[PDB]
Amino acid sequence: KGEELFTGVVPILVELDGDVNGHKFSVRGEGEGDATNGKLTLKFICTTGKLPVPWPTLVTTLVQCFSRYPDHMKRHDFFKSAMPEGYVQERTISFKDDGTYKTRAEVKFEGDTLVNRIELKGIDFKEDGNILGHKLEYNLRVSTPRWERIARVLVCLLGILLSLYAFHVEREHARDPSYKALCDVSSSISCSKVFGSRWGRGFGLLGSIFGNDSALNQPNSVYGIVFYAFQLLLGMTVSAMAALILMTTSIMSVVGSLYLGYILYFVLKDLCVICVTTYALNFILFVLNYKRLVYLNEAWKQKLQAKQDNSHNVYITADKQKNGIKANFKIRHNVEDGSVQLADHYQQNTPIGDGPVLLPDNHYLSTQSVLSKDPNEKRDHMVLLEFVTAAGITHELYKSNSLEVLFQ
Ligand SMILES: CC(=O)C[C@@H](c1ccccc1)c1c(O)c2ccccc2oc1=O
């Protein structure tokens, strides 16, 4: 079925020609592939000299037909169905705040060899950018875990909404005596009585400790806006300086939330869901910044590169209109200063020959990469080892022994 062609070892040859802002280069890689275990191993050499771009930015471009599909999901393996005829893989890689890659590739069998021929076009790249300036780390690890990166963005976005709304209640209630906010309903459930109180501007202190009309003296929500924004955008760089600056400010959040929360319950005897959540949001930020400092202390443990945290998902969906598939995912390169260079991926696959192919359901390919070097090779090279396995398929469980044994 073409899936029979991947039950053993398959030699792999890749070739890539491209020009990026005028700079041309050619890459040739050689190796084999084990689809039964979801593994590939290749050694790429830039035949023209020095690669004008960092090696990790070309890992995604340089044969998903060696993915391991469990016996459940082998119904959804489009890549092996299109073989030996092959498929055409076009991509668009957009680097945030920089240029974009434009690739087209033909993946096909040539004798007993799986061959990938690629053409790349790099357009509108900044020279001293993280790409054409060679500023990226030589790996494909994730500096911040996925489920923690999502926790940061969601809580900081929620913190800005709540603080901006708290600023809305403070400024209008001070100007309009007939104004009632959504949290102003009954006495003991009143925003205006909390923000309009003494402790609502500069935490009650630092006014009459400062001029009481100064610029520092400000509604407490304003400090949150600056804090949540500062935590959101610097919180993606994983550095030494950027780590303690996040932990320093996050401590100031917990000492201010504890102070403010005390006055809310015991002094004012009030209730404010916007205040309680912002306290919770600030406590979540504290423990997330605490993780990174132990991520930095255990640096030796984390140079391993092969950990399942360093994996990337490639979400696939069908394309019945063209008898193919399309996919999207994101890659976050590690730049030498600690921040992140984002790279948007948009993929489209179309079979070469005209035969029965297997259009899949919405699943994804979990991928991991290991980028090594060779001391004997003097040219600009890269040793690669990848791991692709499919996931995202189910098995509801009415027929479960626990529920069934209760219902006899
Ligand atoms: C939820 C807000 O943005 C306003 C809130 C607050 C919470 C944490 C840090 C800054 C600001 C707020 C209140 O909790 C509050 C509670 C008691 C007394 C005064 C308060 O003023 C506030 O602005």
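Start at 1 with the first residue, then count along the sequence. Side chains included, hydrogens not; waters and symmetry mates left out as well; all remaining heavy atoms used. Indexing begins at 1, ligand by ligand and atom by atom, following the structure's order.
The drug or drug candidate at ligand 1, out of KB2115, 1-deoxynojirimycin, S-warfarin, FT-2102, is S-warfarin.
Counting heavy-atom pairs under 4.5 Å, the chain with the largest count for S-warfarin is, by its name in UniProt, Vitamin K epoxide reductase complex subunit 1-like protein 1. Binding site of S-warfarin at 4.0 Å (heavy atoms): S163, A166, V194, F195, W199, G200, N220, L260, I274, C275, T278, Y279. Per UniProt, the phylloquinone-binding residues of chain A include some within 4.0 Å of S-warfarin by heavy atom, namely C275, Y279. My check of the UniProt (S)-warfarin-binding residues in chain A for heavy atoms under 4.0 Å from S-warfarin returns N220, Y279. Lab note: chain A, UniProt TM segments from N terminus, heavy atom under 4.0 Å from S-warfarin -> 1, 3, 4.
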